[PDB]
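Everything on this sheet refers to the single structure shown next.
Sequential numbering from 1 along the given sequence is applied to the chain's residues. Atoms within each ligand, like the ligands themselves, are counted from 1 in listed order.
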Amino acid sequence: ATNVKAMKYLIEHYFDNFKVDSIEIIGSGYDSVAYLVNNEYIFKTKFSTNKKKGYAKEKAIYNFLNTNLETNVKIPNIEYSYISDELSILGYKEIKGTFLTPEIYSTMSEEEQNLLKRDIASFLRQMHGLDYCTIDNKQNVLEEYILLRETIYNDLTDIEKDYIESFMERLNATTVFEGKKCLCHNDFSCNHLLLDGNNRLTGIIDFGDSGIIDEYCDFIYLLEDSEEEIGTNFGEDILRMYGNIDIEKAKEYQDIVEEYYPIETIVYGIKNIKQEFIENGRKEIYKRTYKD
Ligand SMILES: CN[C@@H]1[C@@H](O)[C@@H](O[C@@H]2[C@@H](O)[C@H](O[C@H]3O[C@H]([C@@H](C)NC)CC[C@H]3N)[C@@H](N)C[C@H]2N)OC[C@]1(C)O
Ligand SMILES: Nc1nc2c(ncn2[C@@H]2O[C@H](COP(=O)(O)OP(=O)(O)O)[C@@H](O)[C@H]2O)c(=O)[nH]1
Ligand SMILES: [Cl-]
Ligand SMILES: [Mg+2]
(Lines of atoms letter the chains of each structure in order from A and count residues from 1; the text may use other names and numbers.)
(Lines give C-alpha, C1' and ligand atoms only; values in the text may rest on other atoms or scores of the structure.)
(Ligands and ions follow the chains in the order given, each with its own letter.)
Protein backbone atom coordinates (compact mmCIF):
# COMPACT_ATOMS: atom_id res chain seq x y z
CA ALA A 1 0.00 0.00 0.00
CA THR A 2 2.96 2.36 0.59
CA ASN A 3 4.57 1.92 -2.89
CA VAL A 4 1.34 2.59 -4.56
CA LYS A 5 0.81 5.83 -2.61
CA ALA A 6 4.27 7.13 -3.39
CA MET A 7 3.83 6.36 -7.08
CA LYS A 8 0.36 7.87 -7.13
CA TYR A 9 1.92 10.98 -5.73
CA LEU A 10 4.74 11.06 -8.24
CA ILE A 11 2.45 10.53 -11.20
CA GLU A 12 0.15 13.35 -10.12
CA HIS A 13 3.14 15.55 -9.37
CA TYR A 14 4.98 15.14 -12.70
CA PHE A 15 1.90 14.90 -14.95
CA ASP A 16 -0.17 17.93 -13.97
CA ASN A 17 -3.76 17.38 -14.95
CA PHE A 18 -3.49 13.64 -14.47
CA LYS A 19 -5.76 12.29 -11.75
CA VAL A 20 -5.20 8.85 -10.30
CA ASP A 21 -8.50 7.28 -9.35
CA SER A 22 -7.09 3.75 -9.00
CA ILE A 23 -3.64 2.23 -9.04
CA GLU A 24 -2.27 -1.27 -8.55
CA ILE A 25 1.00 -3.11 -9.09
CA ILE A 26 0.55 -5.23 -12.21
CA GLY A 27 4.13 -6.42 -12.56
CA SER A 28 7.78 -5.92 -11.93
CA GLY A 29 11.35 -6.68 -12.97
CA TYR A 30 14.34 -6.78 -10.63
CA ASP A 31 14.98 -3.06 -11.16
CA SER A 32 11.50 -1.76 -11.96
CA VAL A 33 7.79 -1.81 -11.17
CA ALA A 34 4.78 -1.44 -13.43
CA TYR A 35 1.43 -0.09 -12.26
CA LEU A 36 -2.04 -0.28 -13.80
CA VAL A 37 -3.66 3.14 -13.29
CA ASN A 38 -7.42 3.86 -13.70
CA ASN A 39 -7.75 0.41 -15.23
CA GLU A 40 -6.51 2.05 -18.43
CA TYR A 41 -2.82 3.08 -18.25
CA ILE A 42 0.44 1.29 -17.61
CA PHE A 43 3.05 3.29 -15.79
CA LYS A 44 6.51 1.69 -15.86
CA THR A 45 8.88 3.07 -13.30
CA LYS A 46 12.45 2.73 -12.19
CA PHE A 47 14.63 4.62 -9.66
CA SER A 48 18.44 5.27 -9.50
CA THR A 49 19.76 2.44 -11.78
CA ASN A 50 22.85 1.17 -13.78
CA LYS A 51 21.43 2.15 -17.21
CA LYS A 52 20.93 5.91 -16.40
CA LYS A 53 19.83 6.74 -20.03
CA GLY A 54 17.54 3.67 -20.12
CA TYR A 55 13.91 4.83 -20.42
CA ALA A 56 15.21 7.48 -22.84
CA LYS A 57 16.18 4.81 -25.38
CA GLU A 58 13.12 2.73 -24.77
CA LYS A 59 10.97 5.80 -25.43
CA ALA A 60 12.93 6.64 -28.58
CA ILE A 61 12.32 3.12 -29.79
CA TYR A 62 8.55 3.22 -29.12
CA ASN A 63 8.37 6.51 -31.00
CA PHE A 64 10.42 5.12 -33.90
CA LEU A 65 8.29 2.01 -34.12
CA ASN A 66 4.93 3.78 -33.81
CA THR A 67 6.04 6.03 -36.67
CA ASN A 68 7.47 3.34 -38.96
CA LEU A 69 5.73 0.00 -38.36
CA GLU A 70 2.70 -0.89 -40.40
CA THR A 71 1.06 -3.60 -38.31
CA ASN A 72 -2.14 -4.50 -36.50
CA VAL A 73 -0.10 -5.66 -33.55
CA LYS A 74 -0.15 -3.09 -30.75
CA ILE A 75 2.93 -1.88 -28.94
CA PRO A 76 3.25 0.76 -26.19
CA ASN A 77 2.59 4.28 -27.35
CA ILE A 78 4.14 6.68 -24.87
CA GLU A 79 1.82 9.47 -23.67
CA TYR A 80 3.64 10.40 -20.48
CA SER A 81 7.31 10.38 -19.71
CA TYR A 82 9.61 11.72 -17.02
CA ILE A 83 13.29 10.89 -17.25
CA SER A 84 16.15 11.61 -14.81
CA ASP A 85 19.12 9.80 -13.27
CA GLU A 86 17.21 9.15 -10.09
CA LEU A 87 13.77 8.34 -11.54
CA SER A 88 12.16 7.43 -14.82
CA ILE A 89 8.53 6.91 -15.65
CA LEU A 90 6.84 5.90 -18.92
CA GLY A 91 3.11 5.87 -19.30
CA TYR A 92 1.02 4.38 -22.07
CA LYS A 93 -2.40 2.84 -22.54
CA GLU A 94 -2.47 -0.72 -21.34
CA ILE A 95 -2.27 -3.21 -24.11
CA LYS A 96 -5.17 -5.52 -23.51
CA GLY A 97 -5.05 -9.25 -23.86
CA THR A 98 -3.78 -12.46 -22.32
CA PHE A 99 -0.09 -13.27 -22.13
CA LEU A 100 1.03 -16.31 -24.05
CA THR A 101 2.02 -19.25 -21.89
CA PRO A 102 2.89 -22.89 -22.56
CA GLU A 103 -0.38 -23.92 -20.94
CA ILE A 104 -2.46 -21.75 -23.20
CA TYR A 105 -0.52 -22.81 -26.28
CA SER A 106 -1.22 -26.45 -25.55
CA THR A 107 -5.01 -25.76 -25.53
CA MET A 108 -4.85 -24.12 -28.94
CA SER A 109 -5.80 -26.11 -32.07
CA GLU A 110 -3.09 -26.83 -34.61
CA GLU A 111 -4.54 -24.09 -36.86
CA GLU A 112 -4.53 -21.55 -34.05
CA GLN A 113 -0.95 -22.41 -33.27
CA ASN A 114 0.00 -21.97 -36.92
CA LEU A 115 -1.68 -18.58 -37.11
CA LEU A 116 0.15 -17.43 -34.03
CA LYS A 117 3.49 -18.56 -35.40
CA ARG A 118 2.68 -16.79 -38.65
CA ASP A 119 1.72 -13.63 -36.80
CA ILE A 120 5.01 -13.71 -34.90
CA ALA A 121 7.12 -14.37 -37.96
CA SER A 122 5.30 -11.58 -39.71
CA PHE A 123 5.91 -9.09 -36.95
CA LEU A 124 9.58 -9.98 -36.69
CA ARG A 125 10.04 -9.85 -40.48
CA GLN A 126 8.58 -6.35 -40.55
CA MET A 127 10.55 -5.06 -37.59
CA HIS A 128 13.81 -6.53 -38.78
CA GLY A 129 13.25 -5.08 -42.22
CA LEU A 130 13.01 -1.51 -41.04
CA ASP A 131 15.50 1.00 -42.25
CA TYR A 132 17.02 1.97 -38.89
CA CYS A 133 20.87 2.38 -30.60
CA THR A 134 23.41 -0.29 -31.61
CA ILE A 135 24.26 -3.18 -29.36
CA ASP A 136 27.36 -5.34 -29.87
CA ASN A 137 26.93 -8.47 -27.70
CA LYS A 138 30.43 -9.85 -28.29
CA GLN A 139 32.02 -6.59 -27.28
CA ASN A 140 29.66 -6.29 -24.29
CA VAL A 141 30.66 -9.70 -23.07
CA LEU A 142 34.33 -8.89 -23.42
CA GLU A 143 33.79 -5.75 -21.34
CA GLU A 144 31.92 -7.72 -18.73
CA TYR A 145 34.71 -10.25 -18.65
CA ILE A 146 37.19 -7.45 -18.08
CA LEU A 147 35.05 -6.23 -15.19
CA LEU A 148 35.13 -9.75 -13.71
CA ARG A 149 38.89 -9.87 -14.01
CA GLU A 150 39.10 -6.49 -12.29
CA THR A 151 36.81 -7.51 -9.43
CA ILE A 152 36.03 -11.01 -8.24
CA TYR A 153 37.59 -13.40 -10.78
CA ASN A 154 40.61 -14.18 -8.61
CA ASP A 155 38.36 -15.24 -5.74
CA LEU A 156 36.38 -17.70 -7.86
CA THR A 157 36.88 -21.45 -7.71
CA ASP A 158 38.71 -23.40 -10.38
CA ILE A 159 35.40 -24.90 -11.51
CA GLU A 160 33.92 -21.43 -11.91
CA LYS A 161 36.95 -20.04 -13.65
CA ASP A 162 36.99 -22.96 -16.05
CA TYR A 163 33.31 -22.48 -16.90
CA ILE A 164 34.00 -18.83 -17.72
CA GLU A 165 37.17 -19.46 -19.70
CA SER A 166 35.53 -22.27 -21.60
CA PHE A 167 32.73 -19.91 -22.52
CA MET A 168 35.18 -17.15 -23.60
CA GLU A 169 36.97 -19.65 -25.82
CA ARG A 170 33.69 -20.57 -27.45
CA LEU A 171 32.81 -16.89 -27.87
CA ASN A 172 36.10 -16.32 -29.64
CA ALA A 173 35.67 -19.24 -32.00
CA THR A 174 32.02 -18.73 -32.98
CA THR A 175 30.96 -16.96 -36.19
CA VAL A 176 27.39 -16.27 -35.05
CA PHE A 177 28.00 -12.50 -34.59
CA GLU A 178 29.04 -11.96 -38.18
CA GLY A 179 25.59 -11.99 -39.75
CA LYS A 180 22.80 -9.53 -40.39
CA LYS A 181 22.28 -6.73 -37.90
CA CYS A 182 18.83 -5.22 -37.53
CA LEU A 183 16.46 -3.64 -35.08
CA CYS A 184 15.40 -6.39 -32.64
CA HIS A 185 13.04 -6.46 -29.69
CA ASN A 186 15.84 -8.31 -27.90
CA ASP A 187 13.80 -9.76 -25.04
CA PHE A 188 11.28 -11.64 -27.13
CA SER A 189 9.82 -14.18 -24.73
CA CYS A 190 6.28 -15.33 -24.40
CA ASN A 191 5.63 -13.23 -21.27
CA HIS A 192 5.82 -10.18 -23.56
CA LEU A 193 3.32 -11.48 -26.11
CA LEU A 194 -0.37 -10.74 -25.79
CA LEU A 195 -3.22 -12.75 -27.29
CA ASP A 196 -6.72 -11.52 -28.12
CA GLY A 197 -9.90 -13.57 -27.62
CA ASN A 198 -9.22 -15.71 -30.70
CA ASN A 199 -5.67 -16.57 -29.57
CA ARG A 200 -4.13 -14.30 -32.17
CA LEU A 201 -1.21 -12.10 -31.42
CA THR A 202 -2.64 -8.73 -30.52
CA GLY A 203 0.22 -6.92 -28.74
CA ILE A 204 3.88 -6.94 -27.76
CA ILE A 205 5.40 -5.15 -24.76
CA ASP A 206 8.76 -4.34 -23.25
CA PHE A 207 11.06 -3.09 -25.92
CA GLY A 208 13.26 -1.88 -23.05
CA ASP A 209 16.35 -3.84 -24.36
CA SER A 210 15.66 -3.25 -28.00
CA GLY A 211 18.37 -2.12 -30.37
CA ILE A 212 20.25 -2.76 -33.55
CA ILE A 213 21.81 -6.15 -33.00
CA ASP A 214 22.14 -9.66 -34.50
CA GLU A 215 19.01 -10.85 -36.30
CA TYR A 216 19.37 -14.17 -34.44
CA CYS A 217 18.60 -12.37 -31.08
CA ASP A 218 14.87 -12.34 -31.51
CA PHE A 219 14.69 -16.13 -31.66
CA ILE A 220 16.63 -16.93 -28.52
CA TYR A 221 13.54 -17.35 -26.30
CA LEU A 222 11.37 -18.80 -29.03
CA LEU A 223 14.00 -21.54 -29.30
CA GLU A 224 14.28 -22.08 -25.55
CA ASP A 225 13.34 -25.34 -23.91
CA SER A 226 12.09 -24.36 -20.43
CA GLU A 227 8.98 -24.29 -18.29
CA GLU A 228 8.48 -20.60 -19.14
CA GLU A 229 8.70 -20.90 -22.93
CA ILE A 230 6.80 -22.95 -25.44
CA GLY A 231 9.63 -25.02 -26.84
CA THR A 232 12.35 -25.50 -29.43
CA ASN A 233 9.86 -26.69 -32.10
CA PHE A 234 7.87 -23.50 -31.73
CA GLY A 235 11.00 -21.46 -32.47
CA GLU A 236 12.05 -23.75 -35.32
CA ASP A 237 8.67 -23.49 -37.01
CA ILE A 238 8.70 -19.73 -36.64
CA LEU A 239 12.18 -19.55 -38.09
CA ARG A 240 10.99 -21.53 -41.10
CA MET A 241 8.05 -19.19 -41.62
CA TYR A 242 10.29 -16.17 -41.11
CA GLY A 243 12.63 -17.47 -43.82
CA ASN A 244 16.08 -16.65 -45.11
CA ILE A 245 17.89 -17.45 -41.95
CA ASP A 246 20.33 -20.11 -40.97
CA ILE A 247 18.47 -22.17 -38.35
CA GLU A 248 21.50 -23.97 -37.07
CA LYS A 249 23.27 -20.67 -36.41
CA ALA A 250 20.20 -19.32 -34.69
CA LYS A 251 20.40 -22.32 -32.40
CA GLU A 252 24.08 -21.88 -31.87
CA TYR A 253 23.39 -18.25 -30.89
CA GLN A 254 20.71 -19.32 -28.42
CA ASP A 255 22.98 -22.00 -26.95
CA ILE A 256 25.80 -19.50 -26.44
CA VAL A 257 23.50 -16.97 -24.81
CA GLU A 258 22.16 -19.69 -22.56
CA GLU A 259 25.68 -20.71 -21.55
CA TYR A 260 26.44 -17.05 -20.72
CA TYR A 261 23.43 -16.66 -18.42
CA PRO A 262 25.11 -17.58 -15.09
CA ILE A 263 27.94 -15.25 -15.88
CA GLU A 264 25.56 -12.49 -16.84
CA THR A 265 23.87 -13.05 -13.48
CA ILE A 266 27.17 -12.73 -11.63
CA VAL A 267 28.00 -9.56 -13.53
CA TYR A 268 24.62 -8.07 -12.70
CA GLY A 269 25.38 -8.73 -9.03
CA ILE A 270 28.72 -7.03 -9.23
CA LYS A 271 27.49 -3.97 -11.07
CA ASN A 272 24.47 -3.51 -8.76
CA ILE A 273 26.23 -4.54 -5.57
CA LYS A 274 23.82 -7.44 -5.00
CA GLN A 275 25.61 -10.40 -3.54
CA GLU A 276 22.56 -12.67 -3.96
CA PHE A 277 23.02 -12.57 -7.74
CA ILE A 278 26.71 -13.31 -7.51
CA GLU A 279 25.93 -16.35 -5.37
CA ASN A 280 23.08 -17.54 -7.59
CA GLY A 281 25.13 -17.36 -10.76
CA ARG A 282 28.02 -19.23 -9.17
CA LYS A 283 25.74 -21.96 -7.89
CA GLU A 284 24.17 -22.25 -11.34
CA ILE A 285 27.67 -22.85 -12.77
CA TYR A 286 28.01 -25.89 -10.50
CA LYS A 287 24.55 -27.16 -11.43
CA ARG A 288 25.42 -26.94 -15.13
CA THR A 289 28.90 -28.41 -14.66
CA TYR A 290 27.50 -31.55 -13.03
CA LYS A 291 24.49 -32.05 -15.31
CA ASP A 292 25.12 -35.09 -17.44
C1 LIG B 1 17.63 -9.04 -22.51
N2 LIG B 1 17.96 -9.45 -21.15
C3 LIG B 1 17.54 -10.81 -20.81
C4 LIG B 1 16.62 -10.70 -19.59
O5 LIG B 1 15.46 -9.96 -19.92
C6 LIG B 1 16.19 -12.09 -19.13
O7 LIG B 1 15.45 -12.71 -20.15
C8 LIG B 1 14.48 -13.65 -19.68
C9 LIG B 1 15.31 -14.89 -19.46
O10 LIG B 1 16.10 -14.70 -18.29
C11 LIG B 1 14.39 -16.08 -19.24
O12 LIG B 1 15.19 -17.26 -19.36
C13 LIG B 1 16.21 -17.45 -18.40
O14 LIG B 1 15.66 -17.84 -17.15
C15 LIG B 1 14.79 -18.97 -17.24
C16 LIG B 1 14.26 -19.13 -15.81
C17 LIG B 1 15.35 -19.20 -14.76
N18 LIG B 1 13.47 -17.90 -15.63
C19 LIG B 1 12.90 -17.74 -14.29
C20 LIG B 1 15.54 -20.17 -17.79
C21 LIG B 1 16.24 -19.82 -19.09
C22 LIG B 1 17.09 -18.57 -18.94
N23 LIG B 1 17.67 -18.17 -20.23
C24 LIG B 1 13.39 -16.23 -20.37
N25 LIG B 1 12.55 -17.41 -20.15
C26 LIG B 1 12.54 -14.96 -20.46
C27 LIG B 1 13.47 -13.81 -20.80
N28 LIG B 1 12.72 -12.58 -21.02
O29 LIG B 1 17.29 -13.00 -19.01
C30 LIG B 1 18.30 -13.03 -20.03
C31 LIG B 1 18.77 -11.63 -20.40
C32 LIG B 1 19.83 -11.67 -21.50
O33 LIG B 1 19.35 -11.03 -19.23
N1 LIG C 1 -1.45 -6.52 -20.20
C2 LIG C 1 -0.38 -5.74 -20.14
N3 LIG C 1 0.52 -5.95 -19.18
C4 LIG C 1 1.54 -5.07 -19.25
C5 LIG C 1 1.70 -4.02 -20.12
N6 LIG C 1 2.87 -3.34 -19.85
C7 LIG C 1 3.39 -3.99 -18.83
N8 LIG C 1 2.64 -5.07 -18.43
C9 LIG C 1 2.87 -6.04 -17.33
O10 LIG C 1 3.86 -5.55 -16.46
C11 LIG C 1 5.15 -5.99 -16.90
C12 LIG C 1 5.79 -4.79 -17.51
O13 LIG C 1 7.19 -4.81 -17.31
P14 LIG C 1 7.92 -4.59 -18.79
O15 LIG C 1 7.38 -3.77 -19.87
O16 LIG C 1 8.01 -6.07 -19.37
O17 LIG C 1 9.32 -3.92 -18.38
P18 LIG C 1 10.62 -4.65 -17.79
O19 LIG C 1 10.83 -4.35 -16.55
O20 LIG C 1 11.73 -4.13 -18.72
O21 LIG C 1 10.42 -6.17 -17.94
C22 LIG C 1 4.90 -7.12 -17.88
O23 LIG C 1 5.63 -8.29 -17.54
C24 LIG C 1 3.40 -7.40 -17.76
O25 LIG C 1 3.15 -8.28 -16.68
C26 LIG C 1 0.72 -3.80 -21.12
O27 LIG C 1 0.69 -2.87 -21.93
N28 LIG C 1 -0.30 -4.73 -21.06
CL1 LIG D 1 29.07 -15.38 -3.67
MG1 LIG E 1 9.87 -7.36 -19.04
**Prompt:** For ligand 1 in this structure, which bound macromolecule has the most atom pairs within 4.5 Å, going by UniProt?
**Reply:** Bifunctional AAC/APH
**Prompt:** Which compound, drug or drug candidate, is present at ligand 1?
**Reply:** gentamicin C1
**Request:** Define the binding site of gentamicin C1 (ligand 1) at 4.0 Å using heavy atoms, by chain and number.
**Result:** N186, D187, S189, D209, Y221, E224, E228, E229, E258, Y261, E264
**Message:** Wondering about overlap here: which UniProt-listed gentamycin-binding residues of chain A have a non-hydrogen atom under 4.0 Å from gentamicin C1 (ligand 1)?
**Reply:** none
**Asked** Is there a nitrogen or oxygen of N191 sitting under 3.5 Å from a nitrogen or oxygen of gentamicin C1 (ligand 1)?
**Response** no
**Request:** Considering heavy atoms of the protein only, find what lies nearest to atom 22 (C) of gentamicin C1 (ligand 1) and give residue, atom and distance to 0.1 Å.
**Result:** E258 OE1, 3.7 Å
**Prompt:** Measured between non-hydrogen atoms, which UniProt active-site residue of chain A is closest to gentamicin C1 (ligand 1), and how many Å apart, rounded to a whole number?
**Reply:** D187, 3 Å
**Asked** Can you find an N or O of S189 that's nearer than 3.5 Å to an N or O of gentamicin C1 (ligand 1)?
**Response** yes
**gentamicin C1 (ligand 1) atoms in contact with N186 (distance to a heavy atom under 4.0 Å)** = 1 (C)
